[PDB]
Amino acid sequence: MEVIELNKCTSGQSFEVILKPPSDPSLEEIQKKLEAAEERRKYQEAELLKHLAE
Amino acid sequence: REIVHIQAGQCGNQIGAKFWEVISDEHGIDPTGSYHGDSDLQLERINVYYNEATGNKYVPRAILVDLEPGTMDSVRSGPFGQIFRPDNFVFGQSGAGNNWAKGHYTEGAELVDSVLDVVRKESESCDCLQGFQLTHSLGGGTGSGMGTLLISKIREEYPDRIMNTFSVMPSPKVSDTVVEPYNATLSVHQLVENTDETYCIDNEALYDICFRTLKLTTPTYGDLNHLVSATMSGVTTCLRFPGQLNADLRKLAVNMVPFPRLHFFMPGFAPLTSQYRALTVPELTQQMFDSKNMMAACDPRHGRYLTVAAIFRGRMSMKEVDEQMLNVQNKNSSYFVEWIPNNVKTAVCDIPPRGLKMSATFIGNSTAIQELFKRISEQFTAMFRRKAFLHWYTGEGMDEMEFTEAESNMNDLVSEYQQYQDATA
Amino acid sequence: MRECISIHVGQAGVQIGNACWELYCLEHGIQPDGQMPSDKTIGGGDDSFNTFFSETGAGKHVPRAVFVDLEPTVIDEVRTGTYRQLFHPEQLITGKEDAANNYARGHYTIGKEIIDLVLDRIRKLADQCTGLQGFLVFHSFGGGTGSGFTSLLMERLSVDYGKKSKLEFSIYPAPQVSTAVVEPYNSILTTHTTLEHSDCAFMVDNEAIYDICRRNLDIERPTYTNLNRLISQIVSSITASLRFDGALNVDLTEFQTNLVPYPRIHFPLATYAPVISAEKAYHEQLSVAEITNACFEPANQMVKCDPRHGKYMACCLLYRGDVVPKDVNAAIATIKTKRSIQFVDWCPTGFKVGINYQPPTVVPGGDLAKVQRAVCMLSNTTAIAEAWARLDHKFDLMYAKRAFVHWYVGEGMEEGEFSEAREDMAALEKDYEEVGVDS
Amino acid sequence: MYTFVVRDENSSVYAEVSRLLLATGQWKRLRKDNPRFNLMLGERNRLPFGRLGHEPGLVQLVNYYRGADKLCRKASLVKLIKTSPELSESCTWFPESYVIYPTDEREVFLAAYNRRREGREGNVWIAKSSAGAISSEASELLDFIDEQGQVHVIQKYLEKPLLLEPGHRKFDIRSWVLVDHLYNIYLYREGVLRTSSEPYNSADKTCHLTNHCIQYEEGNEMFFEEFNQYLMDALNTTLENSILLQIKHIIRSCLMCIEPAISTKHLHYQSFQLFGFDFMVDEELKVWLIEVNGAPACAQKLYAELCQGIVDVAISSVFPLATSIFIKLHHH
Ligand SMILES: Nc1nc2c(ncn2[C@@H]2O[C@H](COP(=O)(O)OP(=O)(O)OP(=O)(O)O)[C@@H](O)[C@H]2O)c(=O)[nH]1
Ligand SMILES: Nc1ncnc2c1ncn2[C@@H]1O[C@H](COP(=O)(O)OP(=O)(O)CP(=O)(O)O)[C@@H](O)[C@H]1O
Ligand SMILES: Nc1nc2c(ncn2[C@@H]2O[C@H](COP(=O)(O)OP(=O)(O)O)[C@@H](O)[C@H]2O)c(=O)[nH]1
Ligand SMILES: COc1ccc(/C=C\c2cc(OC)c(OC)c(OC)c2)cc1O
Ligand SMILES: [Ca+2]
Ligand SMILES: [Ca+2]
Ligand SMILES: [Ca+2]
Ligand SMILES: [Ca+2]
Ligand SMILES: [Mg+2]
Ligand SMILES: [Mg+2]
């Protein structure tokens, strides 16, 4: 049980107490996924309008 | 935000008119379109169903459609007839003869463009349109045949908006003509493809409630439409009044419909009214889930609930509401699917309907609804196996194949409901 | 002085942001019109509160905040509220129609239409930062905006602001307060997509906040306002080291350093004490030892779980009020012998402690009693994995039948993304078991 | 009424508890995976405690204490007794035991073994493990441990057991202990002696094992009235005085020791559990704790009354319906 790194100031204090020692995707890669999803939406909508046309 | 309302045919226009009477009363709008309410919650979400014309007038965002003028003339002469926008009356003269083909293929096709013109004109004045609600019956010609044709055209022109219907299912106990099972069967297939939410209002159930519960020896259509208007006011309460849930049609569809085709709801209401005794929350919850209070003639104990949405109106104990809801779920544990966690949702609204201190409205996506579609299918097959009455339809250009396909599709729908009535976790 | 930008996404994130900035203004003496009498340097400064407020020549202290929602009704309450004078209109971004509780609708369909405008306004805040530390992102797991738009925004923030720290405050879904049946789906999806873009995330289980409100505040039916005032007390105790003079947790990097030894296990468990009813007439002030003991009561945790059956990787204690280190060490002595506090064998069994002498501030007319001392404990323990297990089980129940899946595919997602996200969560759960359990 | 679920069909006791609950007409069984239950008669392994106590409106109760495996696992029991100050290596009622891997204690075991060979003392030991369901040479022990692939305990073998006459034969004592959600400790008034029929031969595992599966009185099960009468006639003493005070003492020590780590007070769900304590008795009328079993079966005669005792004390105390067979072991 030891106390280390004690820092004091007007607003408060902080310290550490030890009890026992130890025993990304790019922008283009994003827009490809977003644009892929937009295309799957547009494809499904085109199939709908084709069906309604029939 | 905004909802565009459409009522088509005799049944569609009569229940639609009652709906506008009831909700205009709840929002404090008089028959001249003037606000005379005492609470601000009456006007907070008023624009969901009403446009505001200068002069502080509110006009229902409603479109009235029929192929014969009689019912719409009565609506113009009835109470609140002067509230509707006169340009929004769209009607023909020939009628549809209780014939689905006439509403869908021949007479209706002539009028559809004028209806879509009024629809477009209402949509253009919408800040952000949620979608459409249609009132109609499936047993006639105009609401059924032209109703579904309208839905198809609207989906073509507004594919991303929600399509919601209040659909009155025919019953031999309240039958206008023998061909009602044909019309309904043809309509159901359309609904299965082109609506997101359909409230199944079964005339058999409405009749039973008027006869048995309400003790009315001889019910009229007006008596049924009292139940229908009370229900329609209940299910739209979360759309019209401010609340913690901030509900809209798309959220309701997302949370109520686990599988796109199985979107046919069983509504319920309590207390059944046609009395000054105060109703407690346990009584409201028990009546609400009782078959006798549901407006589709199905036994919920013959299937399982996929999802449930319940709204309680009036000033009452929310803790007691939650207690009773959890309790009723535990008593009826066998009738709720377990593979959908938290599939019963409860909402509260402080404002009660007219003439009640508290009420409860129930929206159930249950597999028991298959009974309804089985009923119709049987009636259909009984006539179709002998081709009875088919000439009325072949005379309008249809072919037997289209009937065989509609029958096959509805039996498929029944099969799909059975699949999930069996499935467990 | 290094700035911190707060981003509030969706209903929960926005309303919690409201509660927080109200509380900050009370804590720093800033009035609703932005004026701060005690600030003698007009128009500028590099004080500690300047990490969260910029200054205008007119003496107004403006939050370094951005509010984002895909529909306007919630942020409109900011625009017309008590603290409306605080924010620039450019800071309150609203859409047309929300995500309808649909992750796919918030991430793909609707998010792709507004992401660049959000990033623009954020860039405008960053430009006035002499040394931006990073972002604090507030959002729900369960909402469509909260989950989907937040995950997209976190990807783009990792792109446009690499080298900057990102911390989350996440509302974990509870049936007692939930809004949608599909919230488990959105939770798994946004966690999978956000996991590698977040340095440290504080989860708040609405069930825990709800029960604390019922039990300690005698509120039978807690509202969002109650929940959010309690949550804002916890958030305030967590960000106080950034907003006040101090030596512990002075920059966002220190949260990672002190609380997160492995990057994926970055969900510290927060515990807060005491929560005392305000309408309560007779009060008694709890000691340092009593509240420090309360930090180990499962009923005061922000996420319900049992730390006794897990292992600690880091434990940090943040006190506010009348507390001196002597009492802290005494209490720790008692507790270490009376509680089951096992650490992983590859980490020290210490406690990093911080004390702010200013006692917790409460909203006037709120439901929280003003106390003389309080503590928030942040500990990274494998026990929190229980919450993931819970969530994952719910996901499994629905996904075995593909229930509701069509609403996501209909927006452009693919069924494969569900399984990918679920496999990531299974990996996360396995990681927690490897770090915390013996055979 | 009350909902409950069953996730352990193999359970002998809770098959009968499951029987009774329906017999009151006020308990309804559910499917295994329906999470809207008041009670869970759950599984032995992988029991998902993390998913308990999160159902709104439900008070949830489970028939197992999370973490009570430290008591009901042999190496865990030995480690728990050596490393707990409340018990300690000094405690008199647990035979000297060591844990050996094929955190290890292979050096200190032999370190004492030499101290016993040199002292000419009785140097017989037994090796066993949790998976299973005796020698004088340590080499023969450790070589037997390395041939199986699991952690094993080596414990002193009690060379001077008390022997029932007529027969000159060994026994073991089984006591059933119910711990409820409030951590009250209830000792079932009826224990059993599980005896050996072949005379003890201190010079063949059957003579030295009491287990029943390996095996005067019906089914080698002697009950407390008879063992008490025998103790009076043969040794001029009672079961209470000579043995039962020590049994109660050991039960209390073990359970109080782990209470702070498994207690469900202040938790979001509540636990109870039925335990089977297995004790040994030497010729000085000293009681030795042999092992603790977390999922024990009962004696066929004692299934009734006892299962009704679980329902009375453990289940209906939390979920009430429309003379005590238990001895409450007091504690603080
Ligand atoms: N604690 C707390 N939780 C909230 C609050 N608002 C919403 N929630 C929770 O957030 C979840 C729903 O997410 P929302 O934030 O409302 O949804 P959203 O991000 O606005 O996205 P949409 O689907 O477009 O409405 C539910 O689990 C609610 O319990 C709030 O103010 N405080
Ligand atoms: N140190 C010792 N001295 C004498 N006999 C011992 C002993 N250790 C074990 N035994 C004998 O071995 C038998 C079983 O040993 P063990 O402790 O593995 O019980 P067990 O788990 O196999 C039966 P249960 O599952 O019903 O508790 C006991 O009945 C006892 O008679
Ligand atoms: N509930 C109710 N059902 C009606 C009403 N009017 C007609 N129906 C039913 O609707 C079906 C007839 O369709 P109808 O609307 O009259 O024909 P349409 O004008 O061609 O649409 C039959 O099932 C009738 O029982 C009504 O006002 N209320
Ligand atoms: C799974 O259950 C749910 C069901 C519906 C919703 C969303 C909106 C909603 C909409 C409603 O009508 C417009 C409504 O009843 C009047 C209602 O009652 C609770 C809720 C959210 C859910 O989690
Ligand atoms: Ca014509
Ligand atoms: Ca035209
Ligand atoms: Ca300044
Ligand atoms: Ca990063
Ligand atoms: Mg008619
Ligand atoms: Mg929202």
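Chain letters follow the order of the sequence lines: the first is A, the second B, and so on. All residue numbers given for chain A refer to the PDB entry; the residues shown span 6-28, 44-74 in order. Throughout, chain B uses the PDB entry numbering, with the displayed residues spanning 2-42, 45-277, 282-360, 369-440 in order. By the PDB entry numbering, chain C shows 1-439, in order. By the numbers in the PDB entry, the shown part of chain D spans 1-102, 125-155, 162-231, 235-246, 256-362, 372-381. For ligands, and for the atoms within them, numbers begin at 1 and follow the listed sequence. Displayed portion only: the contact tally does not extend beyond what is shown.
- The drug located at ligand 4 is named combretastatin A4.
- Most heavy-atom contacts to combretastatin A4 in this structure come from the chain listed in the PDB entry as Tubulin beta-2B chain.
- Within the structure, the other chains placing a heavy atom under 4.0 Å from combretastatin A4 are, by letter, B, C.
- The closest approach between a heavy atom of B:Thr314 and any atom of combretastatin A4 is not below 4.0 Å.
- Of the protein's non-hydrogen atoms, the one nearest atom 15 (O) of combretastatin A4 is B:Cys241 SG, 3.8 Å.
- One option in B:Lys254, B:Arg253, C:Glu183 has a heavy atom closer to atom 7 (C) of combretastatin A4 than any other, and that option is B:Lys254.
- According to the deposit, the name of chain C is Tubulin alpha-1B chain.
- Taking a 4.0 Å cut-off on heavy atoms, C:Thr179 registers as neighbouring combretastatin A4.
- According to the entry, the source organism of chain B is Bos taurus.
- Of the heavy atoms in B:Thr376, none comes closer than 4.0 Å to combretastatin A4.
- Distances below 4.0 Å separate heavy atoms of B:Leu242 from the following atoms of combretastatin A4: 13 (C).
- In terms of protein heavy-atom proximity, atom 18 (O) of combretastatin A4 is nearest to B:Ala316 CB, 3.7 Å.
- If you number the atoms of combretastatin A4 from 1 as listed, the ones under 4.0 Å from a heavy atom of C:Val181 come out as 1 (C), 23 (O).
- Less than 4.0 angstrom separates some heavy atom of B:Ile318 from each of these atoms of combretastatin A4: 16 (C).
- Among all non-hydrogen protein atoms, the one lying nearest atom 3 (C) of combretastatin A4 is B:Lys352 CB, 3.3 Å.
- Atoms of combretastatin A4 found under 4.0 Å from any heavy atom of B:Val238 (numbered from 1 in listed order, with element): 12 (O), 13 (C), 16 (C).
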